K.L.:
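Structure uploaded - hydroxyflutamide bound to Androgen receptor.
Simply put, chain letters go A, B, ... down the sequence lines. For chain A, we keep the numbers from the PDB entry: what you see runs 1-7, in order. So for chain B, numbering is the PDB entry's, and the shown residues are 670-843, 851-918, in order. Atoms within each ligand, like the ligands themselves, are counted from 1 in listed order.
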Amino acid sequence: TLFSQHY
Amino acid sequence: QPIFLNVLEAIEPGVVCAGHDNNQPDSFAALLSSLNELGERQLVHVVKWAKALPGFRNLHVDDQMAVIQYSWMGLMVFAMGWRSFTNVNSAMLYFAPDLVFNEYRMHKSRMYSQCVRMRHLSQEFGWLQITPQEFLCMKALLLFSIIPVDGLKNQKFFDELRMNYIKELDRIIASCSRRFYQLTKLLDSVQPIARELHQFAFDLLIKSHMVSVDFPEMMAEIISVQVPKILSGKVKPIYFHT
Ligand SMILES: CC(C)(O)C(=O)Nc1ccc([N+](=O)[O-])c(C(F)(F)F)c1
């Protein structure tokens, strides 16, 4: 995801 | 005094600007584009802030993400409530230095109901004489006030953490016992507002292609994947009072 791809 | 309060002060984010063109007259699209952009920018700051919170790393990672994603609208509303209180005594809504809503903008954004609620939240900071230290500790506990109905991957760690944040709010309060009633009540009231904001944002995402509002990528994603879990009742807030 775009949240877990930057975390 | 505590180590605890030092931390929240130390990690408290700074000024975040929306990037709004205040020289262009107000339109729904422009205002709503600058709020969405602001949203994204503030999300980034909430993430960094969250990860430096005490005991936060104790959580399972996916709980770490989940918790921030679910609670983000609330935390924003809350801090925005304070920013409005401290900077302009709640006469207007201080979304950011370059994005301060007056009633006209309240109406033009089409969020007049929700904005009205938030101005009232701002006023409460005044009415209750909320101190900077009660605000910070309240805000930190907001992050732990909204969870899936079927609990998290490691519920125990979450419960421990939430328990200790309540305690710490209790320490910095101290017939004082009635202070707690009020703050817990004020905290409870953030949820219905965030819920109204969630619906607005959801609905807006859904029509965005057709009202010319631009959604940053991380927004579109959260609003479409996590938010609907809140609006469907899979993810519910934790209320002190019933
Ligand atoms: C997603 C939607 C329209 O952008 C939105 O509610 N954005 C938004 C952005 C910033 C802030 N803020 O406090 O700085 C808030 C709000 F918390 F006030 F409601 C909402």
K.L.:
Other chains near hydroxyflutamide (ligand 1) with a heavy-atom separation under 4.0 Å: which ones?
P.N.:
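Heavy-atom contacts come from B.
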K.L.:
Show which atoms of hydroxyflutamide (ligand 1) fall inside a sub-4.0 Å distance from at least one heavy-atom site of B:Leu707.
P.N.:
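Near B:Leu707, the atoms of hydroxyflutamide (ligand 1) are 10 (C), 14 (O).
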K.L.:
Determine, using UniProt domain annotation, which domain of chain B makes most contacts with hydroxyflutamide (ligand 1).
P.N.:
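The majority map to UniProt domain NR LBD.
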K.L.:
What organism is annotated as the source of chain B in the entry?
P.N.:
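The organism in the entry is Homo sapiens.
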K.L.:
Can you report which non-hydrogen protein atom sits closest to atom 15 (C) of hydroxyflutamide (ligand 1), along with the distance?
P.N.:
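Result for atom 15 (C) of hydroxyflutamide (ligand 1): B:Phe764 CE2, 3.9 Å.
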K.L.:
Within the structure, does B:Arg752 bring an N/O atom to less than 3.5 angstrom of an N/O atom in hydroxyflutamide (ligand 1)?
P.N.:
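Right, the criterion is met.
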K.L.:
Could you list the atoms of hydroxyflutamide (ligand 1) found under 4.0 angstrom from a heavy atom of B:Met895?
P.N.:
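Once the distances to B:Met895 are compared, the set is 1 (C).
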K.L.:
Within a distance under 4.0 Å of any heavy atom of B:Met787, pick out the atoms of hydroxyflutamide (ligand 1) and give their elements.
P.N.:
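Here the atoms of hydroxyflutamide (ligand 1) in question are 18 (F), 19 (F).
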K.L.:
N/O to N/O below 3.5 Å, does that happen between B:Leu873 and hydroxyflutamide (ligand 1)?
P.N.:
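Between B:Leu873 and hydroxyflutamide (ligand 1) (N or O atoms, distance only) the closest approach is not under 3.5 Å.
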K.L.:
May I ask you to identify the nearest protein heavy atom to atom 5 (C) of hydroxyflutamide (ligand 1), giving residue, atom name and distance to one decimal place in Å?
P.N.:
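Looking only at protein heavy atoms, the one closest to atom 5 (C) of hydroxyflutamide (ligand 1) is B:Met742 CE, 4.4 Å.
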K.L.:
Which hydroxyflutamide (ligand 1) atoms are under 4.0 Å away from a heavy-atom of B:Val746?
P.N.:
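In order of numbering, the contacting atoms are 17 (F), 19 (F).
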K.L.:
Note the single closest protein heavy atom to atom 12 (N) of hydroxyflutamide (ligand 1), along with its residue, its atom name and the distance in Å.
P.N.:
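Checking every protein heavy atom, the shortest distance to atom 12 (N) of hydroxyflutamide (ligand 1) gives B:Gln711 NE2, 3.5 Å.
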K.L.:
Identify, for atom 7 (N) of hydroxyflutamide (ligand 1), the protein heavy atom at the shortest distance, and state residue, atom and that distance.
P.N.:
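Checked against all protein heavy atoms, atom 7 (N) of hydroxyflutamide (ligand 1) sits closest to B:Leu704 O, 3.6 Å.
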K.L.:
Out of all atoms in hydroxyflutamide (ligand 1), which are within 4.0 Å of some heavy atom of B:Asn705? Include the element for each.
P.N.:
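Hydroxyflutamide (ligand 1) atoms under the 4.0 Å threshold to B:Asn705: 1 (C), 2 (C), 3 (C), 4 (O).
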K.L.:
By chain and residue number, what forms the binding site of hydroxyflutamide (ligand 1) with heavy atoms closer than 4.0 Å?
P.N.:
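The heavy-atom cut-off picks out B:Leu701, B:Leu704, B:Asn705, B:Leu707, B:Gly708, B:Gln711, B:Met742, B:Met745, B:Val746, B:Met749, B:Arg752, B:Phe764, B:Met787, B:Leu873, B:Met895.
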